[PDB]
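Featured here: a structure holding methotrexate.
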Amino acid sequence: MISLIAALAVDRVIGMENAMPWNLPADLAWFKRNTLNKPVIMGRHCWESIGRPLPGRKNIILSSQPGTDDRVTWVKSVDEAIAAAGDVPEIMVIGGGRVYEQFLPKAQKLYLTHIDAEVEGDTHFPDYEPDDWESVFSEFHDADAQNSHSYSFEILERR
Ligand SMILES: NC(=O)c1ccc[n+]([C@@H]2O[C@H](COP(=O)([O-])OP(=O)(O)OC[C@H]3O[C@@H](n4cnc5c(N)ncnc54)[C@H](OP(=O)(O)O)[C@@H]3O)[C@@H](O)[C@H]2O)c1
Ligand SMILES: CN(Cc1cnc2nc(N)nc(N)c2n1)c1ccc(C(=O)N[C@@H](CCC(=O)O)C(=O)O)cc1
Ligand SMILES: [Ca+2]
Ligand SMILES: [Ca+2]
């Protein structure tokens, strides 16, 4: 199955100037826990904002151009990305916005972090139909010394 994993601020903002405008160690821990030992698919812009392969994951990068880094697997279409991931239980799609938009119709699960942050953004999570989805896990956390916003973790499953 295909799952999307994303962190969304107010108004579904997911980025600004190729960066993520918040500091949430707890979200990074959640991200790692839910992507480790699974293939991860990302757009070229979202790769460039990392610049190093994520360890313990098969890193698959979508680009219309030839790849520039042999440490990761480069593919030129959605269907090639899916195929490159292979016969695994769960393929994780990690962004950014244009990649999320293309994989959302194919996804069975959404792993969302709702961050209580008012951030100007230039990139937004796609506007999904709420009726298509059922909340199966939800956990809220207050802001603390390490995490400067409150946030909730949510898993939605396609009905
Ligand atoms: N969880 C999150 O909140 C989260 C996660 C990740 C990223 N982000 C943010 O997302 C933003 C980047 O999003 P974005 O939409 O600009 O870029 P993106 O989706 O990461 O990357 C877009 C690029 O991927 C390639 N691509 C996408 N679909 C393709 C296809 N079907 N076939 C071939 N190539 C394809 C193209 O590369 P070429 O131009 O090379 O063809 C395209 O320009 C940044 O602000 C980043 O910080 C947020
Ligand atoms: C910019 N970016 C994309 C990013 C960040 N947070 C997210 N959060 C969620 N919930 N979903 C995402 N797709 C997501 N993507 C990054 C940046 C750094 C690391 C990173 O270093 N991750 C380590 C965490 C190790 C560390 O703490 O340095 C890992 O093993 O996954 C991952 C993604
Ligand atoms: Ca806040
Ligand atoms: Ca509606």
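Positions are given from 1 along the sequence. When a ligand or atom number is given, it counts from 1 through the structure's own listing order. For the numbers below, each heavy atom of this structure counts, side chains included, while hydrogens, waters and symmetry mates do not.
Here, the model contains methotrexate as ligand 2. Here, the chain sharing the greatest number of close atom pairs with methotrexate is referred to in the PDB entry as Dihydrofolate reductase.
Contact annotation: for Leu112 versus methotrexate, there are no heavy atoms closer than 4.0 Å. Using a 4.0 angstrom heavy-atom cutoff, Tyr100 counts as in contact with methotrexate. At a heavy-atom distance under 4.0 Å, atoms from both the backbone and the side chain of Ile5 approach methotrexate. For methotrexate, the atoms closer than 4.0 angstrom to any heavy atom of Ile94 are 13 (N). Residue-ligand proximity, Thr113 to methotrexate, at heavy-atom distances under 4.0 Å covers atoms 10 (N). The closest approach between any non-hydrogen atom of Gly95 and methotrexate is not below 4.0 Å. When non-hydrogen atoms are compared, methotrexate lies under 4.0 Å from neither the backbone nor the side chain of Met42.
The entry names the source of chain A as Escherichia coli. Lab note: binding site of methotrexate, heavy atoms under 4.0 Å, is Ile5, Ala6, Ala7, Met20, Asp27, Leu28, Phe31, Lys32, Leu54, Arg57, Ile94, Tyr100, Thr113.
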